S.K.: 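For reference, the structure I am asking about is given below.
Chain naming here is simple, since letters A, B, ... match the order of the sequence lines and numbering starts at 1 in each. Indexing begins at 1, ligand by ligand and atom by atom, following the structure's order. Side chains included, hydrogens not; waters and symmetry mates left out as well; all remaining heavy atoms used.
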Amino acid sequence: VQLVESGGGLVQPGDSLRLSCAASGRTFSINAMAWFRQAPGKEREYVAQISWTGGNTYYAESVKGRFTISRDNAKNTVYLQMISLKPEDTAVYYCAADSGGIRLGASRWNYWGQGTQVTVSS
Amino acid sequence: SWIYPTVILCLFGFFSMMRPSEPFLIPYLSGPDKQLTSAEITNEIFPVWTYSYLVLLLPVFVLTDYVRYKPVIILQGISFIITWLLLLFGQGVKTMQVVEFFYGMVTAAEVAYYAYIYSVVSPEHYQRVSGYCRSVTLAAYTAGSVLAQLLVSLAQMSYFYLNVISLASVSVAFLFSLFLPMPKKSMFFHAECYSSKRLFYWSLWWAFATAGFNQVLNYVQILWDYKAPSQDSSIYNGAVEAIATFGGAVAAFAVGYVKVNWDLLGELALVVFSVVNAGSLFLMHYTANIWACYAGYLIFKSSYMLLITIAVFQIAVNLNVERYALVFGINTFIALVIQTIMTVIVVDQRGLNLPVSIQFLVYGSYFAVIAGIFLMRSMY
Ligand SMILES: CCCc1ncc(C[n+]2ccccc2C)c(N)n1
C-alpha cells in the first residue's frame, strides 16, 4: 500500500480543515486506517481510527468531539475533518494502514505515510 | 509408589497455571503494544474462544482416551507455547482470532489433565490424590496473579514482560509434561442414568450456572477497563483476581466441612445464592465508582463457586469413577451449546453486537431468570 497524504496548511485557531489519505496499490486488504500526529520535539500520538469492513471509530480522548474520521472505499481515501484548532495543536499528521492477514512484527500498523504539516499560530 | 506420578503431574499443573499475565490481558492488548479498540476485542476476538472451545470438546474428549491421557497433556503443553508465542509477537485482529482458537485447545484439553490420575494411580488413592492435583492449580493461579500486581506496582515492569514470564512458565510446564508414566489402561477404549430425578435436575443447574460463569469470566475485564481506563488510572486487576480466586477457594472448602443434608435445604440454598449472583452482577453495571465494581466480582466469583460445589457434590453421590467422565463430559459440553448460543446473540458481531456497557445488564438478567424458573417451579 502506498498511502499519500495531502490537505495541510496554515490557519488561525477556530478554522476547520479536511485531510485525505489516498491509499492505492493494494486496497483489497486494508483493515484499518488510523491517523497519527507528531508535534515538534514530541512523540507520535494516537488521533483517530476507522475500520474498513465496517464503520466503527475510536478517537483519542483529548481530540474527541471535534475530529471526525470518515471512510470512502469507492476511491479508497480516508477523510479526517478537524474543527476548532488551538495554539497547541501544531504538529504533522501521519496515516497508518493495517494491511491484514496473520503477521509478526513490532507494531500493528504496517504501512505509513509521509507527513503533512499543520501550523496554528498568529 | 503413587508419589512418582503425583509429583510430576502436580509439578506440571502448578507451573502451567502460574500465568502472571492472565489478569493484565486486556490492559496489555488495548495498550501501546497491540493497540486494539475495545470494540475489536469484545465482539471479534474474544467470541472466537467459545466457538473453538465447543468444537474441540468432543473430538478431544474422545481422542484423549483412544490415545493415553499423557499424549493429550503433551498436546495441551505445546498449545500453551503457541498461544503465548503469538500473544507475544502476533499483532492484528486476524492473528488474535487464531490465538483464541489455539487457546481453545489449551483449555479444551483440560479434561485429559484431571482424568489422567485415575488410570495410573491405585484406585484407593484417588479422592486424596485428586485434591493434590486440584488444590495445587488454585495455588498456582493465586500465586501467579499476586505476582503480577506485586510487580507492576513496585517494579514498574511493562505489561510485555509479563507474557515473557508466562511463556517461560508454560515452557517449563511442558518440559515436565513428558515425564509422567505413560498410562497402560484407559477408561473406555483400552480398559439412561439421567432418569434419576436428582441427577437431571441437579445437572441442569450445573450446566446453566457454569454457562453464565464462563461468559462473565470472559467479558469481565473489559468492564473494569471501561469504568476506569488503564491509561488514566492505576488498575488492580491482579490483586482483585488473586483475592477473588482465594475467595472462591475458601468458599469451596467451607461447603466441604459444614454437614447439612443438601436435599431439603439444597434448592433454597441454591436459589438464595443464585439471586446473590444476579444481585451482585447488576452492581457491576450500574455503578461508576471502580472500587465498587471489584467488590461485585469478589462476591460473584466466591458466591458462584460456593454453588458449583453444591452441584458437584449432589451430582456425584451414587456414580463410580468410570461414570464421572460421561456425566461431567456431557455437562461440560451441554453447558457450551448454551454459551455459544448466548455468545452468538448477545455479543458476536453477527448478532446484537451489544457493547460491554449494556452487556452485563443481560447476564444480570440471566442469573436472575434461572432463579425464577428454579423457584416458582415449586408450586402446588
Ligand atoms: C490471551 C490468550 C487468549 C485468551 N485468554 C483468556 C481468555 C479469557 N480469560 C479466561 C480466563 C481468565 C481471563 C481471561 C481473559 C480468552 N478469552 N482468551
S.K.: What does UniProt call the chain that holds ligand 1 with the greatest number of close contacts?
M.R.: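 With more contacts than any other chain, that's Thiamine transporter 2.
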S.K.: Specify the drug or drug candidate modeled at ligand 1.
M.R.: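 It's recorded as amprolium.
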S.K.: Identify all other chains that place a heavy atom less than 4.0 Å from amprolium.
M.R.: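 Heavy-atom contacts under 4.0 Å involve B.
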S.K.: Got a sec? Which transmembrane segments of chain B (UniProt, counted from the N terminus) put a heavy atom under 4.0 Å from amprolium?
M.R.: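 Counting from the N terminus as UniProt does, heavy atoms reach that close in 2, 3, 4, 7.
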